[PDB]
Student: 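Looking at a complex of indometacin and NADP-dependent leukotriene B4 12-hydroxydehydrogenase here.
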Amino acid sequence: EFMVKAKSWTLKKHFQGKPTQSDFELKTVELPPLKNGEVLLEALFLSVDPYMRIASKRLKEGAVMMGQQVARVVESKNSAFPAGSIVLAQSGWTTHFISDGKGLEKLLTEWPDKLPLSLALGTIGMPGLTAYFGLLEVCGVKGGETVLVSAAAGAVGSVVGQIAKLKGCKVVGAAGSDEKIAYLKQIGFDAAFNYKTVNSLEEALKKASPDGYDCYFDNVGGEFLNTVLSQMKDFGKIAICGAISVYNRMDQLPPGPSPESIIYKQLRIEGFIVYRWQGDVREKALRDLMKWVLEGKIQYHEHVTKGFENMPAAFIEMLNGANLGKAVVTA
Amino acid sequence: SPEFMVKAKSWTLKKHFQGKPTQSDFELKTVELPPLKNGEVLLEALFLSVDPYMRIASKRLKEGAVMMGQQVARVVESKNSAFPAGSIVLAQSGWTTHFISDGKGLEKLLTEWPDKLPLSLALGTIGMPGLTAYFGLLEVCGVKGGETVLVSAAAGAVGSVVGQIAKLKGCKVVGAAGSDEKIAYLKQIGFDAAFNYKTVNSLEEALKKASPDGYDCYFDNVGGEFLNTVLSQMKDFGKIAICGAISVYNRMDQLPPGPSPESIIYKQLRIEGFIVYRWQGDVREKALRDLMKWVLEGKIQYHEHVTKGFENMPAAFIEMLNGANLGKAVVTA
Ligand SMILES: NC(=O)c1ccc[n+]([C@@H]2O[C@H](COP(=O)([O-])OP(=O)(O)OC[C@H]3O[C@@H](n4cnc5c(N)ncnc54)[C@H](OP(=O)(O)O)[C@@H]3O)[C@@H](O)[C@H]2O)c1
Ligand SMILES: NC(=O)c1ccc[n+]([C@@H]2O[C@H](COP(=O)([O-])OP(=O)(O)OC[C@H]3O[C@@H](n4cnc5c(N)ncnc54)[C@H](OP(=O)(O)O)[C@@H]3O)[C@@H](O)[C@H]2O)c1
Ligand SMILES: COc1ccc2c(c1)c(CC(=O)O)c(C)n2C(=O)c1ccc(Cl)cc1
């Protein structure tokens with residue numbers, strides 16, 4: 001018997017504005033031996049996500065940061081999760097974790113070795129499912145429509161654009177760098193603009209689509225959303241997925257949208273949470289995402305930070321827009 | 001047969017509104033009308049509407065133009081076979097006492113109109129605002145029975161109809177209005193709860209007090225900060241019908257902070273704007289017949305806030321925006 005030392009990232013201090021390296025503190029803990037019905041997990045790939053900026057509020061200062069990871073079962077006294085098997089675990093930022101099967105999800109069966117397991121945290125996982133349902137259910141695209149997506153080169157945004165493309169939609173993206181814009185055009189976005197460098201957001205959205213937009217997949221909220229409303233087609237739909245423009249500054253209230261746009265254009269605005277879709281419909285969506293990736297219809301890119309010690313940085317840099325595609329940390 | 005000249009009075013927009021409208025923004029003009037040509041009719045205003053939309057629509061006017069709006073008018077004289085002298089029409093002829101029409105923009109009054117119902121109802125409960133309430137509640141909110149419904153400006157033209165249709169459809173209704181008199185009126189016509197949003201110590205407390213289980217639909221007539229407060233009270237997958245936003249009409253370019261993304265996402269709320277004119281033809285006509293039936297059955301009680309005299313019309317409009325009116329604001333010429 002050898003002692004397993006689990007390293008964990010803790011919330012040393014609550015976030016003020018943008019998170020900093022010193023808001024985090026590593027702890028090391030010797031784990032106990034497994035009881036029957038339990039497994040020992042070792043992190044392979046750990047996700048960092050925007051929601052961690054929000055969820056960190058409810059944490060008691062000193063607790064382990066929340067999050068999902070892909071982990072290998074090292075030791076098992078649980079027959080549902082044999083040693084060597086791979087699981088999705090809501091175990092937070094930790095190198096090793098003991099579970100009784102509680103928050104454990106088996107990866108899609110028939111998972112191809114050609115596909116990196118870290119895709120289970122992105123395109124073929126929660127962000128991909130958010131994109132799938134937000135676009136296909138909330139916006140309800142069926143072909144011919146013009147779709148705008150913000151944070152277009154991120155984990156959710158990249159999938160939205162490419163699914164909208166395969167559905168026969170015209171797709172416009174807004175992202176935060178020229179490199180991101182170059183990438184977006186090369187994966188099928190019909191138009192893409194850098195939102196930081198616009199002369200006028202109004203004219204940028206006008207140039208991208210002079211006839212306006214059928215669907216806005218909103219990842220950023222704030223004043224971007226407000227400007228978008230003025231350019232929605234009548235009876236247009238806005239899927240409120242996130243509001244990242246207002247996560248680092250939840251204290252500073254964003255100015256009101258135009259009642260004129262919402263009323264005159266008779267717009268529909270709908271917030272959604274990915275977890276709303278369960279059972280058969282969720283499994284089918286995961287199979288769809290898997291198939292579209294295997295068919296090269298959803299290209300993927302992962303923004304990989306190598307090393308568990310670098311996990312705080314990966315999260316900070318992702319919030320600031322360093323990532324093209326899903327931000328993932330390898331142990 | 002000797003003919004006498006007709007003098008038409010009109011209220012013009014002297015100056016575009018800046019913040020709250022005032023009397024000085026309006027200028028009365030008197031025009032001697034030409035004789036009727038063949039195909040034309042002379043109309044005399046009976047009842048003229050004042051409405052919130054006029055605060056926004058005014059921005060498109062050229063200064064010196066007649067203020068826009070709908071009226072119930074009588075055909076005084078007619079050289080148009082389609083419009084008999086003595087018949088009653090609705091016309092979007094604006095704030096004017098008399099006008100000449102070639103028939104183009106004239107809506108014949110709803111047939112089978114009973115004497116016992118004041119014609120001015122055609123501009124409120126059995127008219128545009130009643131249709132707004134009808135479709136806003138039944139089609140946008142989509143009530144089926146059992147829902148808890150919140151309505152702002154509850155004692156106004158639209159709001160009073162909303163609450164009463166909701167009660168006859170089997171819903172629980174909560175109203176917010178700006179005076180104690182209005183609150184007592186709301187309770188009297190069947191609202192389950194009603195509160196004065198101006199005088200309550202906390203707006204959030206009053207909403208939780210009125211409905212602990214929260215709200216299935218909010219029929220929003222006011223928007224602004226009031227709407228922001230309501231979202232925290234909404235039920236999961238609740239609906240907000242964006243009918244109007246009167247609390248911001250005076251400050252469209254200086255808006256207050258907007259809705260909470262947390263509330264909209266976390267509760268998965270559905271917000272929809274709508275325009276009453278979306279519903280036309282048979283669906284619109286049936287809605288009107290339904291409204292009249294429910295009025296005649298006593299399921300929809302009405303009150304009108306009547307201003308006597310055309311020269312009092314700008315004041316009627318100003319005070320309606322300021323909340324003087326219980327029920328539909330209307331000017332009797
Ligand atoms: N409703 C749901 O169930 C659900 C689920 C998952 C995610 N979400 C939401 O979806 C959004 C994207 O999530 P993700 O996981 O795909 O992350 P992501 O897009 O891969 O990463 C976040 C990106 O947002 C952009 N960003 C950061 N600050 C911004 C700001 N000030 N204004 C505009 N853009 C900014 C950055 O890219 P740029 O270079 O383009 O600025 C950054 O790369 C988030 O808002 C998240 O909360 C919602
Ligand atoms: N979408 C459409 O097709 C359509 C059609 C018709 C009407 N509307 C809208 O529906 C709303 C009501 O119309 P209406 O014709 O029935 O007018 P109304 O309610 O009869 O009269 C306006 C009322 O708004 C209230 N109000 C004024 N300022 C306010 C403020 N700052 N905060 C909260 N309430 C305020 C006042 O009542 P209180 O005493 O309660 O404050 C006032 O009596 C308006 O917003 C209008 O634009 C929309
Ligand atoms: C426990 O199931 C959920 C469901 C949805 C959630 C979260 C957790 C968290 C994390 C948390 O618990 O705070 C976030 C951030 N969720 C959002 O979708 C969201 C996104 C943007 C805004 Cl603005 C508000 C909410």
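Chain letters run A, B, ... following the sequence lines, proteins first and then strands; every chain starts at 1. Both ligands and their constituent atoms are indexed starting at 1 by order of listing.
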Student: Hey, where's indometacin in this structure? All the copies, please.
Tutor: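 It's found at ligand 3.
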Student: Enumerate the other chains with heavy atoms less than 4.0 Å from indometacin (ligand 3).
Tutor: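 By heavy atom, the other chains are A, B.
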Student: I'd like the name of whichever of A:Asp49, B:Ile265, A:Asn219 reaches closest to atom 22 (C) of indometacin (ligand 3) through any heavy atom.
Tutor: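 Selected option, by shortest heavy-atom distance: B:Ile265.
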Student: Can a non-hydrogen atom of A:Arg58 be found less than 4.0 Å from any atom of indometacin (ligand 3)?
Tutor: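 Judged by the 4.0 Å heavy-atom criterion, A:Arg58 does count as contacting indometacin (ligand 3).
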Student: Please report which non-hydrogen protein atom sits nearest to atom 15 (C) of indometacin (ligand 3), along with the residue it belongs to and the distance in Å to one decimal place.
Tutor: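 Heavy-atom neighbour on the protein nearest atom 15 (C) of indometacin (ligand 3): A:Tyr51 CB, 3.5 Å.
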Student: Can you figure out which of A:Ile273, A:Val246, A:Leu59, A:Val274 has its heavy atom closest to atom 4 (C) of indometacin (ligand 3)?
Tutor: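 Looking at heavy atoms only, the winner is A:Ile273.
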Student: Is there a protein heavy atom less than 4.0 Å away from atom 8 (C) of indometacin (ligand 3)?
Tutor: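 Given the 4.0 Å cut-off, atom 8 (C) of indometacin (ligand 3) does not count as touching protein heavy atoms.
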Student: What's the shortest distance from atom 6 (C) of indometacin (ligand 3) to any protein heavy atom, and which residue and atom give it?
Tutor: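 Here the closest protein heavy atom is B:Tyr266 CE2, 3.8 Å.
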Student: Specify side chain, backbone, both or neither for A:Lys57, according to which of its non-hydrogen atoms lie closer than 4.0 Å to indometacin (ligand 3).
Tutor: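 Near indometacin (ligand 3), A:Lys57 shows nothing, with every heavy atom at 4.0 Å or more.
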Student: Taking both backbone and side-chain atoms of A:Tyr247, is any N or O found less than 3.5 Å from an N or O belonging to indometacin (ligand 3)?
Tutor: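 No.
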Student: Help me out: which other ligands and ions are under 4.0 Å from indometacin (ligand 3)?
Tutor: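 Closer than 4.0 Å to indometacin (ligand 3) are ligand 1 (NADP nicotinamide-adenine-dinucleotide phosphate).
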Student: Report the organism recorded for chain B in the deposit.
Tutor: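 The organism in the entry is Cavia porcellus.
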Student: Look up the covalent bond partner of indometacin (ligand 3) and give residue and atom, or none.
Tutor: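 The entry shows no covalent bond.
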Student: N/O to N/O below 3.5 Å, does that happen between A:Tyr275 and indometacin (ligand 3)?
Tutor: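 So indometacin (ligand 3) has no N or O lying under 3.5 Å from an N or O of A:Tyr275.
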Student: Distance under 4.0 Å to a non-hydrogen atom of A:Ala55: what atoms of indometacin (ligand 3) satisfy this?
Tutor: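 Reading through indometacin (ligand 3) atom by atom, the close ones are 10 (C), 11 (C), 13 (O).
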Student: Just curious, which residues make up the binding site of indometacin (ligand 3) with non-hydrogen atoms under 4.0 Å?
Tutor: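 Using heavy atoms under 4.0 Å, it comprises A:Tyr51, A:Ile54, A:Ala55, A:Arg58, A:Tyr247, A:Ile273, B:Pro261, B:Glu262, B:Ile265, B:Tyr266.
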Student: Which protein N or O atoms sit under 3.5 Å from any N or O of indometacin (ligand 3)? Give atom names and distances.
Tutor:
| residue | atom | partner | partner atom | Å |
| --- | --- | --- | --- | --- |
| indometacin (ligand 3) | 13 (O) | A:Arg58 | NH2 | 2.8 |
| indometacin (ligand 3) | 13 (O) | B:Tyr266 | OH | 2.6 |

